[PDB]
Amino acid sequence: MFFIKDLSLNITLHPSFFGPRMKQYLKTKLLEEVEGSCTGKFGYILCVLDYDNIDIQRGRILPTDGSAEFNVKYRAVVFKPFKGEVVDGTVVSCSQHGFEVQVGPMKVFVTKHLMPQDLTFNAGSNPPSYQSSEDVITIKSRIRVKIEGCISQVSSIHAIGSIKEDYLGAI
Amino acid sequence: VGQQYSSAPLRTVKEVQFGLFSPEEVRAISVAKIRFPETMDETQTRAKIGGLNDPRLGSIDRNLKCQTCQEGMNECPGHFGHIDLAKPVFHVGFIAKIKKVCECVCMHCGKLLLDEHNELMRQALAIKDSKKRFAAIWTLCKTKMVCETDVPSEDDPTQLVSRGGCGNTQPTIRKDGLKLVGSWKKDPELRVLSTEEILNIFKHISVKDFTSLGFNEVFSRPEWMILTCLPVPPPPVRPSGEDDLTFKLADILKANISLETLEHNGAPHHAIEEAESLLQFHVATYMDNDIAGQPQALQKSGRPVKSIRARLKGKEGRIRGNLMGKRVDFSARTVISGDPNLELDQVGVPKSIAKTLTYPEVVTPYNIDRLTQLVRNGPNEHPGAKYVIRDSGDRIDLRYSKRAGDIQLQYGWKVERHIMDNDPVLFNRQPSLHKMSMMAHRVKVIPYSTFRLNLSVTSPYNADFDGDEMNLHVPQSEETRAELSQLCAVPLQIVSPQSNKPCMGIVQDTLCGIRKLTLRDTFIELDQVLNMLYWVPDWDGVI
Amino acid sequence: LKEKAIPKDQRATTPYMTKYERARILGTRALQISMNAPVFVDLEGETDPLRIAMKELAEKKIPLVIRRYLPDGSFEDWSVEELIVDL
Amino acid sequence: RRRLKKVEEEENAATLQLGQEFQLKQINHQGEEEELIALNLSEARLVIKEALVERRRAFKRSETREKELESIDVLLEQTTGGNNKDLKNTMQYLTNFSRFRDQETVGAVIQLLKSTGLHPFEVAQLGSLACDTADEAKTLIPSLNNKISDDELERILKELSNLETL
Amino acid sequence: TXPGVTXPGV
Amino acid sequence: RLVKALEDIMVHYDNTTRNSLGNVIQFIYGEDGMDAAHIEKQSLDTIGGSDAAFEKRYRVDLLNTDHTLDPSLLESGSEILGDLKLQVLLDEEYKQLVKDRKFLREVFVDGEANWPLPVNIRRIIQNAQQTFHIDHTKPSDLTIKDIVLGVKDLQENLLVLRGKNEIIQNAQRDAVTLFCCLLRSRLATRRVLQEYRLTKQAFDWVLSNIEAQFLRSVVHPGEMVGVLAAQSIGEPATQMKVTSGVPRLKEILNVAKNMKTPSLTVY
Amino acid sequence: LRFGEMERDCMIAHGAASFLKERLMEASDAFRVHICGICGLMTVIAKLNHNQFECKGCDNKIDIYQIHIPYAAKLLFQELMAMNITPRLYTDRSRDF
Amino acid sequence: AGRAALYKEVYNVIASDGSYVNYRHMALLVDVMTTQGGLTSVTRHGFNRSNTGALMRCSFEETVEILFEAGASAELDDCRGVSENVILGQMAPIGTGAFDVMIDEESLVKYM
Amino acid sequence: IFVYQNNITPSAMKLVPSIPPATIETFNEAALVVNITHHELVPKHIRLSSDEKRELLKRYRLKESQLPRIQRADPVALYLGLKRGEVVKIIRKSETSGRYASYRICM
DNA sequence: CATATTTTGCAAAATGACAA
RNA sequence: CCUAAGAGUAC
DNA sequence: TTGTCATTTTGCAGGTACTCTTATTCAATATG
Ligand SMILES: [Mg+2]
Ligand SMILES: [Zn+2]
Ligand SMILES: [Zn+2]
Ligand SMILES: [Zn+2]
């Protein structure tokens, strides 16, 4: 789900960069480094709030080095998937093992083991989809999925979801 | 080239938390299990897999990278292995502490003898620092020789309250070499306390019990004082002609294998006990070869083996010989001579020394021209430059580079160039009993093989010219240079805090001459007056 | 860190810059100038970074502050501008 | 403290074991403690839009789904630079599944759920999920069991469904 | 004493 | 051994002297907060001399003739006589000088007058006299109220501790009490007007330099006074009935129960 | 040349901390070693070229720091580890002064 | 009174041969020796038996025993001492290191 | 305060600590012949109140253990009846400054 | 014929009783 | 290369 | 129901730098 959290990042500035626009350099370097990033501690980091005046504090010169270490504190909007949480999403692809659903910036892969037996894969239709006795799940189709597990990945995350529970599937 | 870039954040050590390895932690951090005493395989050209020089612990050859981290010998810290001991052995450095702990804890139920019901235990447990608590607990519980399953009530000594005691009789424990012998009161029965039973009784001590003994729940539990897994240091710790530690580890492995085979095939208890004693002795001498009473473990050459404790302690040990004080680069040493024509804060430096010692100057728009000129002059004449450090870390030697042509300097590069005039340098005479015996001088390059210094500055140095040698250190950064010139400069040391009076004065020939010159009989004619006036550099020009 | 920072209106340390503070400011500023840091003063032809830092300190154009640490961990921030260089 | 390697429970919304850094109270950058507030889909979308427009204005000085998507794409291109694929996907996901339109409706929803006096995670989930009945919400969100009366949850979901537009 | 010239004692 | 024992002692920014654990060794460095290099041996004039000599040197009376002052000493020498407020000021100044005399005789039982103190007042007075060309004949421009208030303000301006509570203020007064005794001993009304013959600008210059030099003599926080003390004790030892010298130093540092020459003094 | 203990004491008396650090680190031996925040041990496998840091046992990959210590200090810590002592190095304060 | 007598003894030792040492050095020595309530000697059994940090204490004498006791007792060293930072090769909190130099962005802008 | 002639039986020493807050202090007449506090080596000792101790610790930012220690067997501490945790202010005639105030906490 | 193994400085802590 | 030993320089 | 007093064992480490030279690395019996 989406949250707002208080985060801090340490940025080291070279001595050559202490011009009058040091605040601009620090603000720009905070971006392009944490914006749209991913980590296991806080999930996805999407955007920073209160950009008018971000807390930069003073900044400590590293002895024998000359660089300055700023501990910039800021407000960040994050999206951390959690176990056993129901969330809406859109199907983007389907395969033999399962199908991928787009939830915010992440793709949750629901395996074929976590669906009712009435729903079966079908490669005859173009594109291949998942068809059941009462409904069919294709690309760009709204679906609600309950996440029960998450897998930390490099610069991304692939959680584990299901629709086996009651009132789970296409709306 | 130094060490390449690492993306991990750079911090400084704020706290150092000490403790003991749990065996499971040793097994978790180890990258290999050492089983074979041999260091090299039968081919005698490669490191044996599973031997004491396993490539997973680090590369013993410069030509090969470490098998674990895939880094050269420059980068690889070396990764520990582990030897799984056949039977538990005592840690030689903790045997006394183990004796105290087992003397404070019931040897059957593993509970501390005197609980809070005893009057003095409230005072003992109220102590804050761990060491004092343990001292008090030991000196009060060492005399109790029964678990006391039932104790008089704290409120009144009328009724009996039953605690978790078993009522067994605690033995009197002494140490006979590397083992503990317990004598139970005769209803005395003497027997050697096996390390296995002591480990078992230690693992039964409650968290509250051993946290009152000073031990920590997370970092040092008492049962971790018994060695069950030996952490094998990497080859960087014992570089190769093998090191003494390698031979001791080979002996430990041999004893371990002997004991394991004896246990597996079945043997009389005497042989098993002998092998166990041998393994304990080898481990103890590996960690400490200076045990009182016990004979030293001799090396194959008949000399005592240098244990780890021997490596740490002493004047030449790690701490005092390599950490508190160490050999340094950018230092010179030579004979000193006097010079009445040098200023108080000046030091004369031989031209060869000035050509050897260098300072790294960052290439700046303000000093591009002179640095380029010094690079052109090269290292063979003074003034000149010896190296050019590029921003990528690559280093250009001015020797052998004249073929490549003139080097174009760029801002941010470093020119490592000969020390020139007025460069602040630390100057020392040893023993250097006080801070005035180590002062910052200004370099004056001179064409002879001795350090030259003013006569008045010899008093703080306690220096003569009958063969005294002195030392010179060159700062290698602007911060060190600036603080050396602004804190340790000779003029700033004239008045010593030692006795709130000047430490330098007029001495030797100048003192006698100044007494002879200021006599009422002393009159000077015009020519000599003019010569003397001109010799004063800041003379205002009026006769 | 807010609790640590003693408020400016009730700082109780000496208003004079210490010898060690001056030495470290000169060293740090000289090191920065050596690495092409911007100069806040006009130069009369001087080229030594140390004397450039000395000139900057003489007329209080050094944009640094001293974080003086009390023994309990609290600290006071003193700008180089407001510190008196009497020594 | 250090605790070396301390074991921990697996996160689960059913047990509300969100995490040691996802506790109810968080120390803000000002030094005091504030309740862990969670944003629903519409509220998070509004927060993102406010942040983006504020950033665009700061740089300058120094409805239907299609037009909303065009406006957000243009503003995203104007304000920030590249490497915003995750941000773009999140923004389009929020606009597509936009349960509310403007500040008034989301404010009414958030004040209503505040008046419920319930957990911020649970109220955020209720605002995000477009449930219909009460037992359906209870089986969708296990954390709501034995916390609120059935009729009150049913009626508040009725007002939430009424507030739904487009 | 010392050591040298423990303590006394210890 | 001495260096290792004292290696971590440092003067902190609250002027306390603490080790690495933060334990207070001295609540102010050297019990006066002064750098050792800025200390010179000076004479305390009030502690010595006789009572009659003390009165002749310091006592000034505007209503009698036994201890009156020459009207030619200062400009308003004929108008001060018969005044009441100025007599009160002289009375309190002389009372303070008497109190300082008693205090100093208490502190130094032997009556030794030459002790090491931070600021050398004599050199400052000589510098003022040579700078402003005191002719020693013209009546002084100073007024007595000017002298008294200037000395009081100068005492108020000699700050070692900058705290703003009763404990720190009391510590500051205790720190500067001896130097204030010296200052009152030197810059007395009689001595200023007659012995030195300051002028108004010369007196203000003397006050300014005393304040500046005192503020410049305060120890700098961060000074590693422990290593300094260890070296300042060890180095003289290298130059070296009752045991003395290195064996006695060793007996003192190694606190030994039994020593070679245990002697006792009975008065 | 040997920069012995009492030369270090003289430099401490002078108050020049940065010069002492430069003498003991840059002039003699400066070693960059990696540690983790969970356990202070140097048991961090650091594949710098592949940019992969991993402390086995702690099972962490995102909580690694690098520190600059004398190689003699690294050797001392490794010898203490070989002697069943853990000199855990931590980069933050757990207790107030 | 013990501290006063100790200072008098040290002063007598120093001034026996006519040498003079400023008061504050001997005062600091005798205050360190008597700061714990008793006469603490300058010996392994004296000043080196405090809780002033294992790394500092081991640098003087009995190094390996100090390390073993620190490991068994799980001592925490806060690295406030000079010896700890010397061992770790970082700027000691002494002299020039007794403070942190930081950058004021507002002042830097205010200059130009 | 109990003033005895020669000695107290250890069987009576154990019962010296009575029910609080009553405290029993024992002194030997031989030790009380000469008042130690009049010796010139013995400076002035003033017990601090709890409020004064709190103020002292607050102003100097000190913990309990960071003050100089005075044993709870020192002759002056016995003379003044110090209890553990109580702080004595020590007034001394310094020679660098006229007056010096120290503080020692009983242990 | 070649590698492998057999001078110095003490105060206590501890001990053996013990005595009714 | 290591180790040990001896002689020596300035204190 | 508590003091007493009077022999027998308990751990050790020695200043700071620096230069040079010399010797020596288990021998020998025993099996592959
Ligand atoms: Mg000589
Ligand atoms: Zn490796
Ligand atoms: Zn038991
Ligand atoms: Zn780890």
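Letters A, B, ... mirror the listed sequences (proteins, then strands); counts begin at 1. FYI, side chains are in, hydrogens and waters are out, and symmetry mates aren't considered; it's all heavy atoms of this structure. Per deposition record, electron microscopy, 2.5 Å. The listing treats every modified residue as its parent amino acid or as X, leaving its further atoms out of the contact count. The entry is not shown in full; contacts are counted within the portion that is.
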Give the PDB name of the drug at chain E. actinomycin D
Quick one: what's actinomycin D bound to in this structure? I mean the chain with the most contacts, named like the PDB entry names it. NTS(non-template strand)
Name every other chain with any non-hydrogen atom less than 4.5 Å from actinomycin D. F, H, J, L
Just wondering, what label does the entry put on DNA chain L? TS(template strand)
Quick one: what name did the entry give chain E? Actinomycin D
